[PDB]
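Structure (with manogepix).
So for chain A, numbering is the PDB entry's, and the shown residues are 14-100, 107-419, 423-490, in order. Each ligand, and each atom within it, is numbered from 1 in the order the structure gives.
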Amino acid sequence: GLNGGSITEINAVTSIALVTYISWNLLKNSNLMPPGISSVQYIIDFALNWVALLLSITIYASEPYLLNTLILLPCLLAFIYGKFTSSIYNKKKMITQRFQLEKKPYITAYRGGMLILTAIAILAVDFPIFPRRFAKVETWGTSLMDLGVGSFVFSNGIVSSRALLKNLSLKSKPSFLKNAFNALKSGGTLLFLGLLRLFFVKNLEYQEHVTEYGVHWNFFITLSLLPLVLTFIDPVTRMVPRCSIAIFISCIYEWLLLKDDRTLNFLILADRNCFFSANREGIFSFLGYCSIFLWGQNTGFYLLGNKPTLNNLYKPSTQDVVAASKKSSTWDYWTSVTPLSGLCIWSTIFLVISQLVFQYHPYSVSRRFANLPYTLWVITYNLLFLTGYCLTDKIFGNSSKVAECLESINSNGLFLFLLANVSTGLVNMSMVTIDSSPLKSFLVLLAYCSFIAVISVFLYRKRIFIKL
Ligand SMILES: Nc1ncccc1-c1cc(Cc2ccc(COc3ccccn3)cc2)no1
């Protein structure tokens, strides 16, 4: 585990995604780049999106800051050059238009960057050029490979918020059993893949990873099982908002963990004799994952809309606020917000709460147990990133297509993820990784990235979408 590393290094390493996005937008608006599409656009996109992240993670991990400047300062200059070679929105349209869901570019960029980072890190973990401080921690610590799950849960909750809103828009309430069947149909593929991976592990008899998730439990099972519990709870969430339920669950879990020490002693040093004693880690982390999913849904609630609505800060509503504005009170005026102000409010509240909790916590963070500080840290980081991406989108003024690679990876995330896993397995069976000198490993990584990018672009261009 090597105890991991500090958070500030993690933020400095990850900011490269946002820096590259800003540089790409500047290059697009610089007007020098020729109008028709050609090899130049593809080369520039590949260099900006894939090569920069790989350079940040492995070779230039020691000095990230300098790298960022070398990405931003040149492009900006080119921008100005365009501005020297060269010597609408309607309120009535908003009033007349009803409530519909609208896709946003920054969400696509966010998901594409997340998926690319993961795909790179999965293969990069084996080679020696990858720094050892970024490896996953054993019991207590912070590392770059602990934020991958939290981010995924947050994004899935944000996405499911749109299904919630669309269901609410319908005039007839669907039956509860129909909702359960829809959840089962959604989770069937993940459950089937989990069982297949379990059987493949039986056949492999590979190395033990018991402390990670237990004898039988796995990430796919939890991902498939979350929605069923959410639909079971939704009846209660009708009477009180989701945020209060998440707070209550987290408080109960933390009190149970902290009131005494025998619970920790049993959770850490117990024998594996019966089934419950065999898979304790996954069962106990399920509560934290549920809390993260709930907060992600609540955050996406007002983000995924197209126009401001009444009390969209914590509740799904489709009505209009201007009619209320004739005699709007203080509460109705404060709570009904546009996406940016709501993001800012939640960000500040979570920052202050996280600072207090980190100040007065006796233990450290832990991924195995998914205690309170871990969830707080994940939520605060994700909120900050999302606010940055929204601010960039707003200042650049584009509203109402992001780079090609981001859209291509976003379209077929699951299939490309499985293909990436298969390719990493094959390349590991190909050669001995720990032997390779740095240049050879870098060349191998470059070839693998090129192959994946070519496959993704070819799949997207022919308009073929595969769902597994
Ligand atoms: N190894 C894994 N296994 C299973 C699951 C996941 C992972 C995993 C993937 C990563 C790469 C990574 C993704 C997301 C983020 C934070 O989110 C954003 C959003 C926008 C821009 C930049 N980052 C950091 C780092 N690290 O770990």
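In this structure, every copy of manogepix sits at ligand 1. In this structure the chain with most contacts to manogepix (ligand 1) is the one the PDB entry names GPI-anchored wall transfer protein 1. Transmembrane segments of chain A with a non-hydrogen atom under 4.0 Å from manogepix (ligand 1), numbered from the N terminus per UniProt, are 1, 4, 5, 11. In the structure, no covalent bond to manogepix (ligand 1) is made by any chain.
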